[PDB]
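Structure, salicylic acid included.
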4 protein chains.
Amino acid sequence: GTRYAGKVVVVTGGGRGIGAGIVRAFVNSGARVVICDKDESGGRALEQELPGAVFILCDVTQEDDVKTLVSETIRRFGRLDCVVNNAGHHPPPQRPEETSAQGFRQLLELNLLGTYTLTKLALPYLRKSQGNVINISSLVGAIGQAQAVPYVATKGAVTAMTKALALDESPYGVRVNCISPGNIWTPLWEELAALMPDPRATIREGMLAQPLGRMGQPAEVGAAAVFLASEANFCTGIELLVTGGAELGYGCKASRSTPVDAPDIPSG
Amino acid sequence: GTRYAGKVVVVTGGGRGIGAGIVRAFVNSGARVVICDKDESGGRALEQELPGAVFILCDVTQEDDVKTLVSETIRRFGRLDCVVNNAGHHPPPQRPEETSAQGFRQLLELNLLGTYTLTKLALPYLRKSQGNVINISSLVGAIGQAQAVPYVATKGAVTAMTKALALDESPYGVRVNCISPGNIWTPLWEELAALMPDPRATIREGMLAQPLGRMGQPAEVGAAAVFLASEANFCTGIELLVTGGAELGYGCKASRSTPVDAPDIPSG
Amino acid sequence: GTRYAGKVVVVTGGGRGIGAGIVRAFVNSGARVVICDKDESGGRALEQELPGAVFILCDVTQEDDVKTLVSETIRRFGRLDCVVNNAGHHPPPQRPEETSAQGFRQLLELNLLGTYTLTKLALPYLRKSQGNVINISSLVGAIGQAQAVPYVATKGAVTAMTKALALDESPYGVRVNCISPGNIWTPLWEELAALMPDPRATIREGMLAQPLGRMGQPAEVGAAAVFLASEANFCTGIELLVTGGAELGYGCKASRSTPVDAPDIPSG
Amino acid sequence: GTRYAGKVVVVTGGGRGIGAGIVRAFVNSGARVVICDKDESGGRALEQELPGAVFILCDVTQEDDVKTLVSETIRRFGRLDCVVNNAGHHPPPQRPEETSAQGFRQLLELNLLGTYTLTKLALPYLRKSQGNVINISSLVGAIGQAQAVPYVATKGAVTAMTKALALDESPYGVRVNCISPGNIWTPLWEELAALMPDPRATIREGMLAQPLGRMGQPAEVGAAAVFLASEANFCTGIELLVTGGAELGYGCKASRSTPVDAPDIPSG
Ligand SMILES: NC(=O)c1ccc[n+]([C@@H]2O[C@H](COP(=O)([O-])OP(=O)(O)OC[C@H]3O[C@@H](n4cnc5c(N)ncnc54)[C@H](O)[C@@H]3O)[C@@H](O)[C@H]2O)c1
Ligand SMILES: NC(=O)c1ccc[n+]([C@@H]2O[C@H](COP(=O)([O-])OP(=O)(O)OC[C@H]3O[C@@H](n4cnc5c(N)ncnc54)[C@H](O)[C@@H]3O)[C@@H](O)[C@H]2O)c1
Ligand SMILES: NC(=O)c1ccc[n+]([C@@H]2O[C@H](COP(=O)([O-])OP(=O)(O)OC[C@H]3O[C@@H](n4cnc5c(N)ncnc54)[C@H](O)[C@@H]3O)[C@@H](O)[C@H]2O)c1
Ligand SMILES: NC(=O)c1ccc[n+]([C@@H]2O[C@H](COP(=O)([O-])OP(=O)(O)OC[C@H]3O[C@@H](n4cnc5c(N)ncnc54)[C@H](O)[C@@H]3O)[C@@H](O)[C@H]2O)c1
Ligand SMILES: O=C(O)c1ccccc1O
Ligand SMILES: O=C(O)c1ccccc1O
Ligand SMILES: O=C(O)c1ccccc1O
Ligand SMILES: O=C(O)c1ccccc1O
């Protein structure tokens, strides 16, 4: 592959799940990939497996880690063409009264402000390279999700901030886009399902949520990212849905504790 | 009620279902309402029950009926303030290979071109009154629907044409908006459910499609219409969703004939 | 007016601008309105002018102020039917490198977490009343805005969180919706324009941004809010646009420092 | 290139403009491309220039031409993997009173029913190949356009029908997606600009409509199409925007004949 040959790419949270999918997709396209992750285990494993992937330990909520990540990427590689803000977390299901403003704040540090800080520090270099930014939002930013008020809020923020940055940076030719994956089968998905009374039933409901009848794969988000960076030169501020059609058509939305009348009083 | 007192309102398909809901809502607001319907039974009944509602027999696919409707409304009432394009039909479920281009054309005559013809003839009078147009689209125009390719297409057209008209008519101060109802309990809904092997199970799936756990009522669309005409003077080209939240969150979207793997191969 | 008679309504930032528009609209509908504002001047003025409007000093970023606001509203009035989260701020234009993570955080405290905290504390009472929540987001949450990365992000968060809450609260019958105003002529708009080299030229560009050719008024957002609370019982999780059509059609989007070729090389 | 090697692709309107962009992009990916066009000049030229591109004369509004196109593609190539419905026309600017129902109908035959007829006949073969459909809609389907009520309506229909087909065809694994290009520099764009009093000023306004400051190219839509067909296996029913950001941020929307007050009465 040569669609992104020699470009320098930073992927946050690139050590597993969707981030690793994106890392492999960019390596496959010929890029130099800086894996940024707070966990050294998965990243150093990719670094050793994929030459041209390199691991730099970095928590994106720690402003110094991000300055050092950026500082090292330029020092080590002389340029920066693409930033894929992927580091993010989804808490276990929580009703609104089970969330705290403190938890919300911590989650904004990761999902939103981490994405913002790396982008701020990266923009002077992306301007020189006429690079682009890719943020990994989520479909629930667009249509909501049950028991995930903080998470949904951070993803609504990422998608909107992507459009704001696209306007601020178009005078420099720097594109700024986001991918909104639906249900992607990842360790995070697996870890969350394992907290449920019936994990496999929960995973099954995850697959049935798509007209296509399955969850997506990290590789498929990785292809979407490589397309945005390498072949979508007239795309900026877009929200690319990788969702298997989950947002389409009617479905079972009234919840298992939601009072529903019998079908003889259909409209109350 | 006085929020729309003495304004002259035309409601197509106003003889039953959502159209009658809208007719009652405008009468309640003090308007003069011209009920336009191809069926005389339901309309003349409203005309007799509601003074200030008046029935004019008119098939909106028949250009002469629409010229005569418009011609009679001005002759009889001297002005035209509001056109609610509601006349529309939803065919029984049909797979794509069960539709014909002829059926599609007939359905466009009603759902789209009927709305277009009345609007064209009404605009010279709406310009003088600084009136507005309200089109009744559907949520499936926005998110699709199974087994309804022609219907969905006509509703995608209505929603888009609403925005085109809003731009063409804003120099005159004529607002042009649409309501996109989700599942509304109406005779049409009832007639379609009755074609199913299990009508009440189908109606129940209709109610479960909403987080609110019920279908909407015609009166609730009627309130939305009266709000658009009488109190939304800074609204034009909007799509007002009356859907009970159907478009929100994940749901059961993989269809009963869609191959789905077991939850041990979640992503294929 | 009687469309919301005797319901108890809290409006944050109700002391001027859009908040005061909403306060007057609910008072006009017959509600008991608790004006919540951090500035006593504008609120106490409304409290004295409008009986049935009452002012309670409260900064929504101060968790104790919000507990006390909620505690006093129930103690004083015995119920809570409607929360209009309107308190919000738009900073002066700032390029991305002119924003700080600290400023972003402060802005999230107001625009997002203030809305979240009042909603959390209000929900137990809204559940009993089968009330509803109305958040005042912004159109730029949906389509972005130049030189406003933090602000846009907080409004993307508000709009998404509205959908998350609508799902979490539909089992209780509590609707949760937002209004996304476009350009509304308010003191905040005036204050921001006054920071510009040519205020009136800037205000003029604000009016030209709408096909309707003007900015909106607070009263028009107030009507939209009263409609959501009092007549949109089948609406939840919707984004109601009060924008004068700003999001429609093509416009002048390439910025005054954006390199644009001459029209003989149209596509680069 | 090998991303779509040996797949059989039909591109309607493939003889020039965006269609030819898509044809070259698929040929470049290794596909067998059947150029379908009503004009033989541009298509036979591509057929001779690009081996593996083949031209079949076909007007998509003529049901027999489409049956013969489909019949010949299978007979000649034994399979059908991808249908790119691109044939479409944009009439010169027309106010609503300058359109006729007849013109509207003719435009629906091309833009909508042509897309529908080829898809119907192609689906039995796409099911066997687990192929996909790509419709070329337009951004104005989503946000409207001035003086283009019929055109906008047909494109609203194409985008919605894409979602309906995606639901109907997901049980077979057949993806169905659309691209919504903004302003793309093509012969059609050039022909329309040439009808204006100042063509180059009009082209310049076309470029300024994008934050990126230029129009798109056919090659860029071609890349988007090849991505949808060859690498977006978890995408169905999506609307991929190729618009240079035109839908983002505020712009000059109040039209040159739209009454606008001076900036001392900003909100009427
Ligand atoms: N899995 C899904 O279905 C899904 C859906 C929509 C969006 N997303 C988004 O995709 C991204 C990845 O999701 P996933 O399922 O692959 O997650 P994951 O948990 O499987 O992997 C996330 C990676 O990010 C790293 N990370 C976490 N916090 C970090 C921090 N502070 N600094 C640096 N690295 C950090 C983790 O160590 C891990 O390697 C997230 O932003 C998530 O919100 C996922
Ligand atoms: N019912 C729903 O759930 C639902 C959902 C979304 C949109 N809608 C739309 O709302 C509108 C009304 O739906 P409904 O369920 O109330 O339907 P309905 O069948 O119950 O009533 C429709 C009315 O329109 C009249 N009509 C039909 N064809 C006409 C024609 N050619 N000329 C004049 N009048 C004509 C009928 O005679 C009838 O009185 C339609 O446009 C429909 O697409 C309905
Ligand atoms: N003006 C516009 O064009 C526009 C457009 C879109 C959205 N909005 C939103 O509408 C809301 C009001 O905007 P506006 O133009 O009327 O603003 P404004 O400045 O004119 O009034 C805002 C009010 O909120 C109060 N407030 C501010 N911070 C507060 C806090 N921490 N606690 C309590 N009260 C607080 C202020 O004292 C003031 O009374 C904001 O949320 C804003 O983002 C405004
Ligand atoms: N140019 C733009 O800015 C733009 C923007 C949005 C969408 N689009 C869409 O993209 C498509 C192509 O646009 P373009 O600008 O490249 O147009 P174009 O006029 O430059 O080329 C269109 C091609 O389609 C062919 N065609 C027309 N009618 C046909 C018919 N009945 N049967 C078969 N072939 C037919 C023409 O002969 C021509 O080769 C259209 O569907 C258009 O609506 C274009
Ligand atoms: O849809 C999501 O955003 C999501 C993210 C991580 C894990 C499970 C999920 O459903
Ligand atoms: O959702 C619709 O458009 C609809 C319309 C009429 C009848 C049943 C329906 O689901
Ligand atoms: O569009 C906005 O969100 C806005 C809000 C406050 C002031 C000016 C504005 O344009
Ligand atoms: O935006 C469009 O759909 C379009 C299509 C063809 C020509 C010019 C255009 O603006």
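Here is how names work: the chains are called A, B, and so on, in the same order as the sequence lines, proteins then strands, and each is numbered from 1. For ligands, and for the atoms within them, numbers begin at 1 and follow the listed sequence. The figures here come from the full heavy-atom set of this structure, side chains too, leaving out hydrogens, waters and symmetry mates.
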Drug placement: salicylic acid
ligands 5, 6, 7 and 8
State which chain has the largest number of heavy-atom pairs within 4.5 Å of salicylic acid (ligand 6), named as in UniProt.
L-fucose dehydrogenase
I'd like to know the other chains touching salicylic acid (ligand 6) at heavy-atom distances under 4.0 Å, if you can.
A, B
Hey, could you tell me which residues sit within 4.0 Å of salicylic acid (ligand 6)? Heavy atoms only, please.
A:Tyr250, B:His90, B:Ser138, B:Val140, B:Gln145, B:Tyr151, B:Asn183, B:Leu188, B:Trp189, B:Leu192
Ligand/ion neighbours under 4.0 Å, salicylic acid (ligand 6):
ligand 2 (nicotinamide-adenine-dinucleotide)
Mark up the atoms of salicylic acid (ligand 6) that fall under 4.0 Å of a heavy atom belonging to B:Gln145, in ascending order.
10 (O)
For atom 4 (C) of salicylic acid (ligand 6), which protein heavy atom lies nearest, and how many Å away is it?
B:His90 CD2, 3.6 Å
At less than 4.0 angstrom from any non-hydrogen atom of B:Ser138, what atoms of salicylic acid (ligand 6) do you find?
1 (O), 2 (C), 3 (O)
Protein heavy atom at shortest distance from atom 1 (O) of salicylic acid (ligand 6):
A:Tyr250 OH, 2.9 Å
Could you find the nearest protein heavy atom to atom 7 (C) of salicylic acid (ligand 6) and give me its residue, atom name and distance?
B:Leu192 CD1, 3.7 Å
Considering only the protein, which heavy-atom contact is closest to atom 3 (O) of salicylic acid (ligand 6), and what is its distance?
B:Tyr151 OH, 2.5 Å
Starting from atom 10 (O) of salicylic acid (ligand 6), locate the nearest protein heavy atom and write down its residue, its atom name and how far away it is, to 0.1 Å.
B:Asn183 OD1, 3.4 Å
Within the 4.0 Å heavy-atom shell around B:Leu188, which atoms of salicylic acid (ligand 6) are there?
6 (C)
